Structures are given as C-alpha cells and as structure tokens.
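Here the structure is laid out as structure tokens; the discussion comes afterwards.
Note that chain A is numbered according to the PDB entry, with residues 4-125, 127-261 shown in order. So this one's X-ray crystallography, 1.4 Å, going by the header. Whatever order the structure lists them in is the order used to number ligands and atoms, beginning at 1.
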Amino acid sequence: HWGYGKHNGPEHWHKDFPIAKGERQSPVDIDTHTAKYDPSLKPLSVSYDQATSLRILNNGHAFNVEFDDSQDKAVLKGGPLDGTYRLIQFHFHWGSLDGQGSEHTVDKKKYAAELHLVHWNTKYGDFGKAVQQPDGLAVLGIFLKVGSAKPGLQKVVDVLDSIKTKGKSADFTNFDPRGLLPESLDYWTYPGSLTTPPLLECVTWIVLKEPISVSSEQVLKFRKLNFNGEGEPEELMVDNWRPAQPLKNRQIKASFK
Ligand SMILES: O=C(CCCCCCC(=O)Nc1ccccc1)NO
Ligand SMILES: [Zn+2]
C-alpha cells in the first residue's frame, strides 16, 4: 500500500491514484514575488472557543487529533471561503532533519514541519460528501520552525508515547487548538488537493505567513513515532511529506502586501 518509503512513496502514488498528475495538486512552492495581493480577501474568522477534542490516533502515516464535528463548535469562516467550515482534525507532517519536513515551501525554503487544521464545508452534510466537491474542505497550514518551545504543543508531545505504533489511540479531551496559532493571521490561498492518497482536488488551502516556533526537543518526539504496527519491525515515522507539485493554471493570492 502507499506510504513514504523508497518503494511506495510519492513518486509511485500515480499508479494507484492517477489524479496525482492532476491540474490542482498540492503542495506547491509559494513564490512570494509572484503571489497577487487581493484586497477583496477578507480576514480569517477562527472561532475555536467551543472546540471539543476527543482522541489522538496514530493512523500509520501521521497522528491525528480528532474533534467533535457534530455541531458548529469550532468553525472557520471568512477569508476566501463562502459559508461555514467545521474543524474535524489536525495533524502534522515533519522531517528526519530540521531543514525539511514541510509540504509547502516559501521561495523554496522548507520548514521543519507543517500543521494542517482540516475543516469541511457544512453545506455538504458530512465529511465524506465534502471531499467529493471542489469547495469541500478548507485546510489551514501553519509552518513550524525550530527555536523556542511552544507551550501549547506540549500536551500533544507528552501523549505520543501512548500512540507509538499504527492503530493505537488515546483519549485526548479538553485540548485547545488556539494555542497552536501564530500572532498574525496573514495568509496565502490557492485551490489544491489532499496531499495524501486519494489526493482529491477538494481543498481551499489557507497557508499562514507567520510560522510558529517549537523546540528541538518537541520535534524530536515526533520522530520517535512508528509507521509500523506493534510487533512489526520498527520504521520511524519521519519524512511523511509530499514534495511540491506544479502550479499549472493557478494563481496564489495573498491577503497582505
Ligand atoms: O491531505 C492533507 C490535508 C487534508 C487531509 C484531510 C484528511 C485526510 C482524509 O480524511 N483523507 C481521505 C479522504 C477521503 C477518503 C479517504 C481518505 N494532508 O496530508
Ligand atoms: Zn496534511
């Protein structure tokens, strides 16, 4: 099956998922000098006060923190979006070394990790319907750079020992995702895709300009997770990122100048 190894990684995915060579694939390199400032873009509205986290899961390719999305509890509105998008989960992509790990790049610069806060358009009723629509998902992407520790991330870091292998989950209640946001909500936006199979072209990407800083010790703990299940030979969960894809006939817009 697909993964991030030499024999099943991103350069192989097109054989099972031909959309991998499609017209709206993610991630992309953000060329800051060719992005277009769009004064019609609205500020983002992030309403995470009533977020209800439920569980953290190692799914074999990343770890997901899952939220209750049965009501409009934690929503994203505004920006380039029409309507209301509910938060369903967040996860990260990261590297084996501090100089790689992000999926998006900025003027070819790679960050140590990238956080994806995943939201779905409530007009489609459920997440599975939303992924079939061109405006179904909105993903907030936040870059991580290695520096000072991020206090709001430590609760995530400390539970990773309990979900070391694929298929393990743990209860993870009362986590506030507001502690993961940067000070500024300036962003770039473009239409794209999931970055993992099935690579569906259903995502409005909103990539924040300002990275958050995490400490070396925090990111080191991400690198101790395993791709494998318990009892199988150990494969460290590192470099779970897809390289940049061609922009094709797309324009990246900026909310700032
Ligand atoms: O692709 C991304 C960003 C958005 C991920 C959305 C969650 C992944 C997911 O649920 N994938 C999926 C969708 C439909 C059918 C099967 C899997 N990062 O890797
Ligand atoms: Zn992702």
Which chain forms the largest contact interface with ligand 1 when counted as heavy-atom pairs under 4.5 Å, and how does UniProt name it?
Carbonic anhydrase 2
Which drug is recorded at ligand 1?
vorinostat
For vorinostat (ligand 1), which residues make up the site at a heavy-atom cut-off of 4.0 Å?
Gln92, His94, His96, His119, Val121, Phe131, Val143, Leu198, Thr199, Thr200, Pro202
I'd like to check which vorinostat (ligand 1) atoms, numbered from 1 as shown, lie under 4.0 Å from a non-hydrogen atom of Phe131.
10 (O)
Counting only nitrogen or oxygen atoms and a 3.5 angstrom limit, does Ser197 reach vorinostat (ligand 1)?
no
Look up the UniProt domain of chain A with the most contacting residues for vorinostat (ligand 1).
Alpha-carbonic anhydrase
Nearest non-hydrogen protein atom, atom 13 (C) of vorinostat (ligand 1)
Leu198 CD1, 3.9 Å
Filter the UniProt Zn(2+)-binding residues of chain A to those with a heavy atom under 4.0 Å from vorinostat (ligand 1), and list them.
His94, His96, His119
Do vorinostat (ligand 1) and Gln92 have nitrogen or oxygen atoms that lie under 3.5 Å from each other?
no
Which atoms from vorinostat (ligand 1) have a heavy atom of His96 less than 4.0 Å away?
18 (N), 19 (O)
Nearest UniProt active-site residue in chain A to vorinostat (ligand 1), and its heavy-atom distance to 1 Å?
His64, 8 Å
Any idea which other ligands or ions come under 4.0 Å from vorinostat (ligand 1)?
ligand 2 (zinc ion)
Check the entry and give the organism for chain A.
Homo sapiens
So, going by heavy atoms and a 4.0 Å cut-off, which residues UniProt tags as substrate-binding in chain A does vorinostat (ligand 1) reach?
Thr199, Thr200
To the nearest 0.1 Å, how far is atom 19 (O) of vorinostat (ligand 1) from its closest protein heavy atom, and which atom is that?
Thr199 OG1, 2.6 Å
May I ask you to identify the nearest protein heavy atom to atom 12 (C) of vorinostat (ligand 1), giving residue, atom name and distance to one decimal place in Å?
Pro202 CD, 3.8 Å
Which atoms of vorinostat (ligand 1) are found less than 4.0 Å from any heavy atom of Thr200?
1 (O), 19 (O)
